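Bound complex of 3C-like proteinase nsp5 and telaprevir (bound form).
Going down the sequence lines, the chains are called A, B, C, and so on. Per the PDB entry, chain A residues shown: 1-304, in order. Residue numbering for chain B follows the PDB entry, covering 1-304 in order. So this one's X-ray crystallography, 2.1 Å, going by the header. Atoms within each ligand, like the ligands themselves, are counted from 1 in listed order.
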2 protein chains.
Amino acid sequence: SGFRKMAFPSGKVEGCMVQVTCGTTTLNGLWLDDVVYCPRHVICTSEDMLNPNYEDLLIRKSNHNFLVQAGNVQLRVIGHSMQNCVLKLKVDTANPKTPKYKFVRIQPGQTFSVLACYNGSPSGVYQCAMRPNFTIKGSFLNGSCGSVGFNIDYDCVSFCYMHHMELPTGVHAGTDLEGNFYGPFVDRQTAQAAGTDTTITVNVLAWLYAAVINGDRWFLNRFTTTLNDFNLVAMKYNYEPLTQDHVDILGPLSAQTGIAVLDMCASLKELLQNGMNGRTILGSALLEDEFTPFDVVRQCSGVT
Amino acid sequence: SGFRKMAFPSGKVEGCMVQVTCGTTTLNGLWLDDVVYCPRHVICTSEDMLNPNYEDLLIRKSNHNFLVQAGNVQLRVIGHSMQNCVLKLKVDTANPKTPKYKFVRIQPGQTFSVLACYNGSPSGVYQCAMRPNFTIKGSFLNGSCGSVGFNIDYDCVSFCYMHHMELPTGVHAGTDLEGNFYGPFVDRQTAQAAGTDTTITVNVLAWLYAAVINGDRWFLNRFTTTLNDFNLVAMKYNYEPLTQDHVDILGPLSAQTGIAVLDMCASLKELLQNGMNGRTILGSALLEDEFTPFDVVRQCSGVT
Ligand SMILES: *[C@](O)(C(=O)NC1CC1)[C@H](CCC)NC(=O)[C@@H]1[C@H]2CCC[C@H]2CN1C(=O)[C@@H](NC(=O)[C@@H](NC(=O)c1cnccn1)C1CCCCC1)C(C)(C)C
Ligand SMILES: *[C@](O)(C(=O)NC1CC1)[C@H](CCC)NC(=O)[C@@H]1[C@H]2CCC[C@H]2CN1C(=O)[C@@H](NC(=O)[C@@H](NC(=O)c1cnccn1)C1CCCCC1)C(C)(C)C
């Protein structure tokens, strides 16, 4: 028992990380098969960032302008293309350590593991959620661009995130592995507001189930509610509306604990209206929303 | 910027995990060179656990009583010895994926990465601290025994923890890789109280420095204090005494932020005496004590 913010084992990803240098800009790429993927702003000067025309900037580059370095050994770049906001650099060697993998776009409130990297060297792994406003609250320094987010779905690495930039609030934005930003962001140095951040209600309910499973029961009450009346209270505390699809995906946790989703919803209503009165749940003073129903099931049944 | 509970990349450890079976008991071992390390209670029946004589139980076992399984391929056990509470099983193959490694005993309040495993398959990585009472608040299910804790110190894996058992409070206990329990525990199914848990004061100060570095400054005040008067207030809130060695090891964070350790100590005194008044620090409502000074320096300077 116990409950931790747990990331996926990062070995399958650590063997795909490389250093990509173009001019004096060095960041990280993802070397799958015979393609190195990286943020396209690797081609930009600090002046270019103000208002880049990436097509004009990329046309001025040749294959030899890119240093791709897998550990010590230099890869030969034999071709470069642009897909949305990512560069795909063709190289002369397929990565032996290439695992089985898919590219996947995740939805607001899904979680993933970030392998934070500097100079193609993996430095750290942590778990986070795609916020409803499509930012992530990561930990990224200068040089972290091209670090990736992933899930491991039964020995298949699902890549969902490549790091591009940090907003002035200290939150993070980037793309899927086909180069489309999560959220309304563009890879240019202008003011770009993230939406209002909301609490991921389905995730909070998942974590309250995790608490019950671990014997933290004090917040259970005799009350019940409708989905409508819950969503009325939710919306007032800047919680995401809860949908029937959410209720469905909570079904398995409901079944295992024998607490109906709408009964648990009644516990959360009272917590929101009344606070925790100096109590904690799984040692937290705040309601946690970075665990999906599937994370709680995985960690509390123990899939490998 | 941003601040996350970050674990070490687990690839170097994932390549050392094996399944160890003896009778109907299956758990995890650590396969370094030509030795598989595992909890010695792998040899016990449920009846043996009440009061085992591990020497008598081990003498009744032969090399062929142990199934060591590296992924699919069965290792041949060619010799078995007992070191304190760990078994060392000699096998017929040295692990190619053996990284550079040391065995290290950590001190109360040091942090490490746990690779949680089931059936020799790595399932998850998280960061935690050795509590002052020598328990860890892990996430471990049935089958997790033999999962290991480690640090990566510049491509050298320092193994510090092997998982043995869970106390009724849902906290965890186990050994260093030479088989000595952390804390007063023994591998027997009897009542064994953990000490009083205290807050790791040096770690809280490290994290308050992390908050300043990330622009959370509201808790800084004009007051200062002596180490003595701080420790008087600390002891009352069940915080570990702060020592000059702690003040020294905080020096680098002090230098970078230009806030003397004893000035930061004055901020923490006021937080403890007055609470946070519904405010948060790095998004937490509670003071965080599972980051060492070295973790904050690593993550806020970005070593790989
Ligand atoms: C990454 O490229 C990297 O690791 N490079 C290696 C070191 C050489 C680097 C990593 C930081 C975590 N990212 C960037 O350099 C990105 C790119 C993409 C946009 C242009 C540059 C800037 N950038 C940033 O992350 C910056 N943030 C911003 O420029 C934001 N600026 C503003 O909010 C803004 C701008 N003008 C006026 C007013 N406000 C925006 C916000 C969201 C839209 C794009 C970026 C810094 C300042 C480096 C954090
Ligand atoms: C581990 O061996 C494993 O993964 N085995 C694979 C599935 C086959 C397993 C993992 C659980 C996280 N650990 C154990 O089986 C250990 C060993 C070591 C001590 C004997 C057994 C029991 N055990 C436990 O973790 C248990 N906990 C306890 O028995 C504790 N009991 C009490 O607190 C107690 C006992 N008698 C009376 C009153 N209270 C003690 C507490 C600290 C000293 C040693 C264990 C369970 C019940 C399995 C959690």
Which chains, by letter, have non-hydrogen atoms under 4.0 Å from some atom of telaprevir (bound form, ligand 1)?
A
Which residues of other chains have a non-hydrogen atom closer than 4.0 Å to telaprevir (bound form, ligand 1)?
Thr26(A), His41(A), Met49(A), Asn142(A), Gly143(A), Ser144(A), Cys145(A), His163(A), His164(A), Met165(A), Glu166(A), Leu167(A), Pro168(A), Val186(A), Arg188(A), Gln189(A), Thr190(A), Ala191(A), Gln192(A)
Atom 10 (C) of telaprevir (bound form, ligand 1) within contact range, any protein heavy atom under 4.0 Å:
yes
Looking only at protein heavy atoms, identify the closest one to atom 31 (N) of telaprevir (bound form, ligand 1) and say how far it is in Å.
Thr190(A) O, 3.9 Å
Atom indices of telaprevir (bound form, ligand 1) within 4.0 angstrom of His163(A) heavy atoms, with elements
12 (C)
Just to check: does the deposited model tie telaprevir (bound form, ligand 1) to a chain with a covalent bond, and where (residue and atom)?
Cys145(A) SG
Which of the telaprevir (bound form, ligand 1) atoms, numbered from 1, are nearer than 4.0 Å to a heavy atom of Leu167(A)
41 (C), 42 (C)
Within-cut-off N or O pair, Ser144(A) and telaprevir (bound form, ligand 1), under 3.5 Å
yes
What are the identity and heavy-atom distance (to 1 Å) of the UniProt active-site residue in chain A nearest to telaprevir (bound form, ligand 1)?
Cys145(A), 2 Å
UniProt domain (most residues in contact with telaprevir (bound form, ligand 1)) of chain A
Peptidase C30
Counting each atom of telaprevir (bound form, ligand 1) from 1 as listed, which ones have a heavy atom of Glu166(A) under 4.0 Å away?
24 (C), 25 (O), 26 (C), 27 (N), 28 (C), 30 (C), 49 (C)
For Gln192(A), take its heavy atoms, then give the atoms of telaprevir (bound form, ligand 1) lying under 4.0 Å from any of them.
43 (C), 44 (C)
Could you check atom 33 (O) of telaprevir (bound form, ligand 1) against the protein and tell me its nearest heavy-atom contact, residue, atom and distance included?
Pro168(A) CG, 2.9 Å
Identify, by atom number and element, the atoms of telaprevir (bound form, ligand 1) in contact range of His164(A), meaning under 4.0 Å from any of its heavy atoms.
13 (N), 14 (C), 16 (C)
Between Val186(A) and telaprevir (bound form, ligand 1), does any nitrogen or oxygen pair lie at a separation below 3.5 Å?
no
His41(A) N/O to telaprevir (bound form, ligand 1) N/O under 3.5 Å:
yes
Could you tell me whether some N/O pair between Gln189(A) and telaprevir (bound form, ligand 1) is separated by less than 3.5 angstrom?
yes
Between the protein and telaprevir (bound form, ligand 1), are there any N or O atom pairs that come within less than 3.5 Å of each other, and if so, what are their names and distances?
from: telaprevir (bound form, ligand 1); atom 1: 2 (O); to: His41(A); atom 2: NE2; distance (Å): 2.6
from: telaprevir (bound form, ligand 1); atom 1: 4 (O); to: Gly143(A); atom 2: N; distance (Å): 2.8
from: telaprevir (bound form, ligand 1); atom 1: 4 (O); to: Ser144(A); atom 2: N; distance (Å): 3.3
from: telaprevir (bound form, ligand 1); atom 1: 4 (O); to: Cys145(A); atom 2: N; distance (Å): 3.0
from: telaprevir (bound form, ligand 1); atom 1: 13 (N); to: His164(A); atom 2: O; distance (Å): 3.1
from: telaprevir (bound form, ligand 1); atom 1: 25 (O); to: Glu166(A); atom 2: N; distance (Å): 2.9
from: telaprevir (bound form, ligand 1); atom 1: 27 (N); to: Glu166(A); atom 2: O; distance (Å): 2.9
from: telaprevir (bound form, ligand 1); atom 1: 29 (O); to: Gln189(A); atom 2: NE2; distance (Å): 2.9

